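Check out this one - nirmatrelvir (bound form) stuck to 3C-like proteinase nsp5.
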Amino acid sequence: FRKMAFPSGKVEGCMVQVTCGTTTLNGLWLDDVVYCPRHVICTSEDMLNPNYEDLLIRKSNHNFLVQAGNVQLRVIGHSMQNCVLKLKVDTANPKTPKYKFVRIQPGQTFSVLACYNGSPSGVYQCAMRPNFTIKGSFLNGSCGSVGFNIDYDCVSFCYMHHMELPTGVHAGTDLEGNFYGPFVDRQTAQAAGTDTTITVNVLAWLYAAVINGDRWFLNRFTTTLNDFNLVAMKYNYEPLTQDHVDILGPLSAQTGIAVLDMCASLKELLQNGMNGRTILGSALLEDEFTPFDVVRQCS
Amino acid sequence: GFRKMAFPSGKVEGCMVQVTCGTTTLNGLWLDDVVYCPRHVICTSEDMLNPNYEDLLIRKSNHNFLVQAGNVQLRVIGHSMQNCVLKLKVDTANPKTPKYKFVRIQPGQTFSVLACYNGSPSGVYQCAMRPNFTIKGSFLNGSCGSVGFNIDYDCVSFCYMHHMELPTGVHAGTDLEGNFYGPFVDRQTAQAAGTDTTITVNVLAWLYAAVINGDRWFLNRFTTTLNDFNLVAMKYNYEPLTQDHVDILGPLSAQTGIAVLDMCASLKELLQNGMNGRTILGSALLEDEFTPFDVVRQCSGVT
Ligand SMILES: CC(C)(C)[C@H](NC(=O)C(F)(F)F)C(=O)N1C[C@H]2[C@@H]([C@H]1C(=O)N[C@H](C=N)C[C@@H]1CCNC1=O)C2(C)C
Ligand SMILES: CC(C)(C)[C@H](NC(=O)C(F)(F)F)C(=O)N1C[C@H]2[C@@H]([C@H]1C(=O)N[C@H](C=N)C[C@@H]1CCNC1=O)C2(C)C
């Protein structure tokens, strides 16, 4: 049972490089539009305190250098949508997949295609944390890298990368340019709210451990949903809803372990610790697999 | 804070096809005008219990092989067996063929796996070849013929093709010349993974990654010789280091100023006493599936 990303090829064909002045990052080329973070228009000094509408009105189409591989694409229009710049180009991307833009919920997962200078570097799976950060792997020049899910050859883009917080976690926007979380695209110290653990995901992963032959953490105790949620909240876990209980249905049916019985297992894990033992090779309780991720990999 | 990162899979996605004989369907790799796939595609389920591959291949002709890119059939114009892989010559050169090499990897080396079903890629993840020549993969029915690979400057180095799952849940397969990693055979008969060991060179790479990020409490004031370290390491079920291992740690040793043998002595102390209550890179366990290249790959912005 591995952290598994979606195949990245459909997104690789959309990555380009965008340069304004001496600022270079990545863009997403779909049909005849390139989407990228608006701070590409900032000088280093601008980034410390940008007025973006004031900065953008001072730019012309020819200030944007867009490169697809070695070929330059001519920008013939530009507009700003929240924190995303949309560059209209005179060329349509023949590799444009069927796609949608979606805004994801905390706890949901997606694949990231990390890119530099318009070229793909690596692919990995992330979760939107409850505090709306992501624990990514991004370096200088990674901005405009995107996160996505793939469903029957349709790519749902959900994340575009903008920044790294001082704790090392990452922040960005949806493809409409709206940040996840209380962050702004200004170079200034920013903290996130206190994070919490994605309870429904921990339960899905505990089911993954049972599907793969590991059961040491199970017990005969029992819990109600409300009594479990009281303990979960005490340990900085997110509440478990009836909707979550229902989504876990297929995993409980496959394993014959009632959802509330797995809740009692997790309650014991939280109250006693793991005693130096491991679950699926992990010393900590993993919360970045959704129920759907577990089903997709185990079935 | 240091996670597994797969290579972008697009160059390999463009090479995946499906291969069917009878009702047995698996994945194949289409490069130029040849499709490579596991030879047990020619077996019925009953054949797999005790196959005579040479005799089974005698009874097959080109017209018995259904090769499809999606729903599009590729006409087979020749077939041959090379160890445990079948090579089907087709009448169309794949226009998506990347620059590529076939390589046989060492234990400890990592690669990306593109898990595929019915020729359709489903997911991508990183794997290490264990010292017992298994991989801790994630594979379901129909996954055979999925490949593992590394990329270096637009050249895809294919190193693994998937064939089978062992009773402990780990996986075994071949290089792209059809030679198994490890003592395994492509027959549905009782087989077992041997005892595994910890990949020392990768643990050292992980300790260097910790040092790069300022996590260096475990740096001691001692050193060791390679031979003394190798003999102690084996007592803790750690792999001995080769001369090649020492050299592939060279770049990380230069970056940090920590000599390889000094880091070996630091690791020895962890094995004999260490951790206590402390963590390294936020982990109480020593990670052994990051190579020195993987550390450098993720700390640089390669490609
Ligand atoms: C890291 C840092 C001190 C620099 C800064 N962060 C904060 O100022 C914060 F703390 F508010 F987040 C920061 O990220 N930026 C400052 C400036 C852009 C952004 C930025 O350089 N983005 C990079 C895009 N190519 C990706 C980064 C690079 C390192 N790893 C990443 O992911 C804008 C917010 C306009
Ligand atoms: C696990 C099973 C008991 C079925 C058997 N294993 C052993 O006989 C062993 F234990 F000896 F290894 C086994 O894998 N096979 C039996 C038969 C082929 C192979 C096989 O079905 N390969 C699948 C390719 N599509 C991938 C498998 C499916 C489940 N997960 C996988 O990865 C051959 C060895 C010729």
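For reference, chains are lettered A, B, ... following the sequence lines as listed. Following the PDB entry, chain A residues are numbered 3-301, in order. Numbers in chain B track the PDB entry; the residues on display, in order, are 2-304. Whatever order the structure lists ligands and atoms in, that order sets their numbers, starting from 1. Only this structure's heavy atoms are used, side chains among them; waters, hydrogens and symmetry mates stay out.
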*Other chains with a heavy atom closer than 4.0 Å to nirmatrelvir (bound form, ligand 2): which ones?*
B
*Which chain positions lie within 4.0 Å of nirmatrelvir (bound form, ligand 2) by heavy-atom distance?*
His41(B), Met49(B), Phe140(B), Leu141(B), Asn142(B), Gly143(B), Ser144(B), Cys145(B), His163(B), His164(B), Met165(B), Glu166(B), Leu167(B), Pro168(B), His172(B), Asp187(B), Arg188(B), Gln189(B), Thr190(B), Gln192(B)
*Please report which non-hydrogen protein atom sits nearest to atom 9 (C) of nirmatrelvir (bound form, ligand 2), along with the residue it belongs to and the distance in Å to one decimal place.*
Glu166(B) O, 3.4 Å
*Looking at atom 23 (C) of nirmatrelvir (bound form, ligand 2), what's its closest protein heavy atom, distance included?*
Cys145(B) SG, 2.8 Å
*Give the UniProt active-site residue in chain B with the shortest heavy-atom distance to nirmatrelvir (bound form, ligand 2), rounded to 1 Å.*
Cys145(B), 2 Å
*Look at atom 15 (N) of nirmatrelvir (bound form, ligand 2) and say which protein heavy atom is nearest, naming residue and atom and giving the distance to 0.1 Å.*
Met165(B) CB, 4.4 Å
*Pull out every atom of nirmatrelvir (bound form, ligand 2) sitting under 4.0 Å from any heavy atom of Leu167(B), numbered as shown with elements.*
10 (F), 12 (F)
*Proximal atoms of nirmatrelvir (bound form, ligand 2) relative to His41(B) (non-hydrogen, under 4.0 Å)*: 18 (C), 35 (C)
*Specify which UniProt domain of chain B supplies the largest share of contacts to nirmatrelvir (bound form, ligand 2).*
Peptidase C30
*Top protein contact for atom 28 (C) of nirmatrelvir (bound form, ligand 2), by heavy-atom distance*: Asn142(B) OD1, 3.4 Å
*Please state which protein non-hydrogen atom is closest to atom 20 (C) of nirmatrelvir (bound form, ligand 2) and give its distance, to 0.1 Å?*
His164(B) O, 3.6 Å
*Relative to the heavy atoms of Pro168(B), which atoms of nirmatrelvir (bound form, ligand 2) are at a distance of less than 4.0 Å?*
10 (F)
*Report the nearest protein non-hydrogen atom to atom 11 (F) of nirmatrelvir (bound form, ligand 2): residue, atom name, distance rounded to 0.1 Å.*
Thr190(B) O, 3.0 Å
*Quick one: look up the protein heavy atom nearest atom 32 (O) of nirmatrelvir (bound form, ligand 2) and list residue, atom name and how far away it is.*
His163(B) NE2, 2.8 Å
*For atom 4 (C) of nirmatrelvir (bound form, ligand 2), what's the nearest protein heavy atom and its distance?*
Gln189(B) NE2, 4.3 Å
